[PDB]
Every structure is written in structure tokens, then in C-alpha cells.
Amino acid sequence: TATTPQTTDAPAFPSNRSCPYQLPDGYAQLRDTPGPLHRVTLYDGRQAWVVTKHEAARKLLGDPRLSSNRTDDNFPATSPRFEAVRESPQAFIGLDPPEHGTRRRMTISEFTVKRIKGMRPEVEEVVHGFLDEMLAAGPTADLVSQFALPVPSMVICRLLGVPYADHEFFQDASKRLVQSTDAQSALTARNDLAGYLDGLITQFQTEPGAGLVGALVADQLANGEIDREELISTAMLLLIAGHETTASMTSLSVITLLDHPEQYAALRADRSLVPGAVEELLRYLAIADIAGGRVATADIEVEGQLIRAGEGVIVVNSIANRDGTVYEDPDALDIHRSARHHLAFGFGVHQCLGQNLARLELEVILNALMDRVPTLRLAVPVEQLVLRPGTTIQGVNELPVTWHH
Ligand code: HEM
Ligand SMILES: O=C(O)c1ccccc1Nc1cccc(C(F)(F)F)c1
């Protein structure tokens with residue numbers, strides 16, 4: 001057996017959070033080490049680079065030599081989930097220019113500032129309805145299942161034209177896919193969603209209807225400009241991202257705000273601070289490092305360090321968002337700071353399609369919680385919560401809460 005010291009210069013990555021709003025201990029070390037890049041070891045023993053500094057992260061996310069192609073043999077997979085989805089065509093999150101733009105542009109019209117503004121009545125109605133329901137159902141609740149997840153689920157389903165009557169099926173399948181720890185469970189969940197979306201497509205060909213899925217069927221599919229299987233993958237990406245991200249931000253924001261009561265009280269007293277507070281929470285909670293993987297198709301020199309063609313690179317936006325040369329006192333939550341330029345949504349051609357929908361949702365959500373349940377508090381200590389591992393979207397699967405009856 002091993003009898004020598006075990007220190008490594010390529011630590012295992014990713015790490016798991018122990019506190020919902022602080023860097024894992026190993027990540028603070030990466031944050032402090034000079035240089036834009038650091039070697040890490042992935043779950044299968046393969047070495048990859050992580051990007052740990054803010055401007056270097058923007059530069060590399062903007063560099064077309066870093067490909068988003070998940071089918072590449074050298075793509076930096078962080079768990080066995082990745083190996084599962086090989087047979088299926090990728091959604092545009094896994095495409096590079098020029099194919100990336102042709103597919104992304106098929107969906108952008110649903111996310112314009114004008115459409116998002118027009119969605120405010122629906123978002124407010126959905127938020128207040130699930131809130132009406134949770135407050136009436138009992139003195140305590142799981143915020144996740146009763147509020148954080150159904151709200152963005154109903155909103156994105158309406159945008160897509162996915163009937164919410166099937167929500168128990170597709171919400172469960174979405175959870176199994178993003179939180180899968182092995183390839184087989186991931187493949188099963190993906191096939192479940194694919195079969196469901198396939199049936200929805202056939203129905204739109206018979207009976208044209210509203211929503212982005214209906215529009216893609218009636219236009220691009222009918223012109224042969226998207227493959228049926230690509231349409232499934234695109235709808236699946238938007239469905240899952242639209243659900244899982246906002247839900248995680250809601251639950252983690254509640255935990256974080258309750259641990260910072262002075263700032264939460266200031267937020268309640270001046271609602272003009274909400275948009276800025278949402279940006280700070282996005283920066284600080286950075287829930288989507290899982291989306292930072294890239295593979296180099298050519299050598300890239302980064303401040304003296306060399307990324308070789310064929311090497312995997314993960315842009316760790318949570319660490320980059322704690323860069324003190326950009327955010328003074330970066331580990332402090334400050335809803336009054338300028339959190340502009342943060343990387344929680346990425347940067348460049350793949351920058352989050354839904355970012356302004358997410359911003360609208362989180363603004364409406366925080367205002368609604370402060371208006372309708374100002375006495376909201378956790379029903380258990382923070383120590384008793386269970387955080388998801390760094391191999392998935394950050395968050396909590398259950399969040400017990402209570403309030404003044
Ligand atoms: C709520 C907080 C959210 C966070 C923190 C977040 C984070 C991210 C990040 C970091 C990326 C970049 C992936 C990459 O560079 O490979 C991304 C892309 C994307 N996100 Fe978001 N997201 C959020 C909400 C949403 C919502 C509500 C939707 C609605 C469907 C959405 C849809 C997408 C899509 C489609 C992409 C792929 C864009 C592309 O490849 O061109 N996201 N997101
Ligand atoms: O990344 C894929 O290929 C993907 C595929 C199908 C469904 C969802 C997918 N991605 C995903 C799932 C949840 C959250 C986010 C993101 F963080 F990027 F928004 C991306």
C-alpha cells in the first residue's frame with residue numbers, strides 16, 4: 001500500500017460545497033494560486049485544465065479554439081453522466097459555429113427583451129398562485145417541491161408549448177437526467193423525455209399549435225432545416241435548463257438571504273435594490289460550473305501556460321466570480337455592490353439564452369416572498385440541509401420552511 005505523502009499538484013475536480021454560498025475549500029486554493037489555469041484530475045483519472053481567473057475566463061470562453069463539442073473523445077467529462085448521451089444529436093449548447101448559430105437563432109425570438117417584458121403578467125400570476133397554494137396547504141412546506149420548481153416549470157412549459165398536465169412525468173425525468181450519477185440512469189431519463197417530446201412533435205404536425213415547439217415543427221422541421229431528433233434535443237435543453245436553474249437559484253437564494261438578515265431587511269425596505277441583488281446572488285451562488293467544459297482544437301497560449309490541442313478545459317465560473325481584482329472582498333455578499341460582468345451565465349456565443357427570463361423570474365419571486373411571506377424562515381438548521389455534489393447543478397433537493405400562520 002501507499003506509504004509516502006499524498007499531496008498532488010492536480011487535485012480531484014469538481015469539489016462539493018459544504019456551505020451553499022461559499023467556495024469549497026479546494027476552490028479557494030485554486031482561486032488564490034497565481035495564473036489563469038490550474039491542472040486538475042477528473043473522476044476517471046484524466047487530467048484537465050481549470051480556468052480560475054475572471055478575465056482569462058472571458059478570453060477563453062470567447063476563443064473559438066475552445067470547442068463545446070461533447071462528442072469529442074477528449075471533452076472534460078466530470079461524471080459518468082456524460083458518456084450516456086452519445087447516440088443522440090447534441091442541442092446547440094454542444095455545437096460550435098457555424099452550426100451553433102443556425103440552431104440558436106431558431107429559438108432567440110422567444111427570449112427577446114420585448115417578449116420577456118410581455119411575460120411579466122404570466123410570471124406574476126404563476127408565482128402568486130403557487131404561493132397562495134403553499135401558504136394554504138399547511139404551516140410548513142418543502143419550498144423546492146411546492147414553489148421553487150413548479151413556478152419556472154409552468155413558465156417554461158408555456159413558452160415551449162409543453163402541456164403542464166404531464167408535469168409529474170417530465171419533472172421527474174428532468175431531475176433524474178441532471179442528477180444522474182451513472183450513464184444508464186441518465187440514458188433512461190433522456191430516452192423518457194425524448195419519447196415524450198417525440199409524441200408532442202407528431203401532434204403539432206397534425207394540429208399546429210402555440211409555443212416554441214409548435215413553431216419549430218411548423219417552420220424549420222417542415223422545411224428540413226432541423227432534424228426531428230435535433231428538435232427533440234433542443235426542446236429538451238430548454239425544458240430542463242428552464243426548470244432546474246431558476247429552481248436552484250430560488251432555494252439557494254432563500255438560504256443565503258436568511259443567513260444575511262441585515263441585507264435581506266435592506267432589500268425588503270427598498271425594492272429598487274432587487275435587480276442588483278439578483279445579480280449579486282447570481283455572481284455569489286454561481287450554480288452552473290457543470291456548463292464550463294470545453295476542448296481545445298488547437299494550441300492556446302494563456303499567460304505563459306500552454307493549452308495543447310486535444311486537452312480538456314473547464315471554465316469554473318464560480319471561482320472566476322470570486323476574483324478579487326474584479327469584485328473587492330469577493331467572498332462577501334453585498335447586494336449593494338456592482339456585480340456587473342459576472343460569469344454566472346457564461347460569456348460569448350453560448351452565453352445563457354434564458355438569462356433575462358431568469359432575471360425576471362427571480363425578481364418576481366423575491367418580491368413575492370417579501371410581500372406575501374415576510375416571516376418565512378427555515379424549518380431546520382442550515383447544518384441539516386443536503387447540498388447536491390459539484391457534478392450537477394448546485395442546489396438542495398428539499399428545503400423545509402415555515403412562517404407566521
Ligand atoms: C437561473 C439561472 C441560470 C444560470 C445560472 C444559467 C447558466 C448558464 C450558463 C453558465 C450557460 C453557458 C453554458 C456554456 O457556456 O456552455 C448557459 C447556457 C444556456 N442556458 Fe442558462 N442559466 C440559467 C437560466 C436559464 C433559463 C431559465 C433558461 C431557459 C431555457 C436557460 C437556457 C439556456 C440555454 C438554452 C443555454 C445554451 C446557450 C447556448 O449554448 O448558446 N438558462 N446557462
Ligand atoms: O447540456 C446539455 O447537453 C443538455 C442536454 C439536455 C438537457 C439539458 C442540458 N443541459 C443543461 C441542463 C441544466 C442546466 C443547464 C445550464 F446550466 F446550462 F443552463 C444546461
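Numbers here simply count residues along the sequence, with the first being 1. Determined via X-ray crystallography, 1.5 Å. When a ligand or atom number is given, it counts from 1 through the structure's own listing order. Atom set for the values below is all heavy atoms of this structure, side chains included, hydrogens, waters and symmetry mates excluded.
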Okay, contact question: for ligand 2, which chain racks up the most heavy-atom pairs under 4.5 Å? Name from the PDB entry, please. Vitamin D3 dihydroxylase
Which of flufenamic acid, triclocarban, dorzolamide, diclofenac, chlorpromazine at ligand 2: flufenamic acid
Top protein contact for atom 1 (O) of flufenamic acid, by heavy-atom distance: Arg70 NH2, 2.9 Å
Could you check whether any heavy atom of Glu244 sits closer than 4.0 Å to an atom of flufenamic acid, since that is the contact criterion I want to use? no
Under 4.0 Å from any heavy atom of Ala288, which atoms of flufenamic acid are there? 17 (F)
What part of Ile287, side chain from CB on, backbone N/CA/C/O, both or neither, has a heavy atom under 4.0 Å from flufenamic acid? neither
Go through flufenamic acid atom by atom and flag the ones less than 4.0 Å from a non-hydrogen atom of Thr245. 14 (C), 19 (F)
Identify, for atom 5 (C) of flufenamic acid, the protein heavy atom at the shortest distance, and state residue, atom and that distance. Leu237 CD1, 4.5 Å
Which of the numbered atoms in flufenamic acid are below 4.0 angstrom from a heavy atom of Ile393? 14 (C), 17 (F)
At what distance is the nearest protein heavy atom to atom 15 (C) of flufenamic acid, and which residue and atom is it? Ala241 CB, 4.0 Å
Could you identify the single nearest non-hydrogen protein atom to atom 12 (C) of flufenamic acid and state the distance to 0.1 Å? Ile240 CG2, 3.8 Å
Which residues form the binding site of flufenamic acid (heavy atoms under 4.0 Å)? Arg70, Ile93, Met236, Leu237, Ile240, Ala241, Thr245, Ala288, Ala291, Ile393
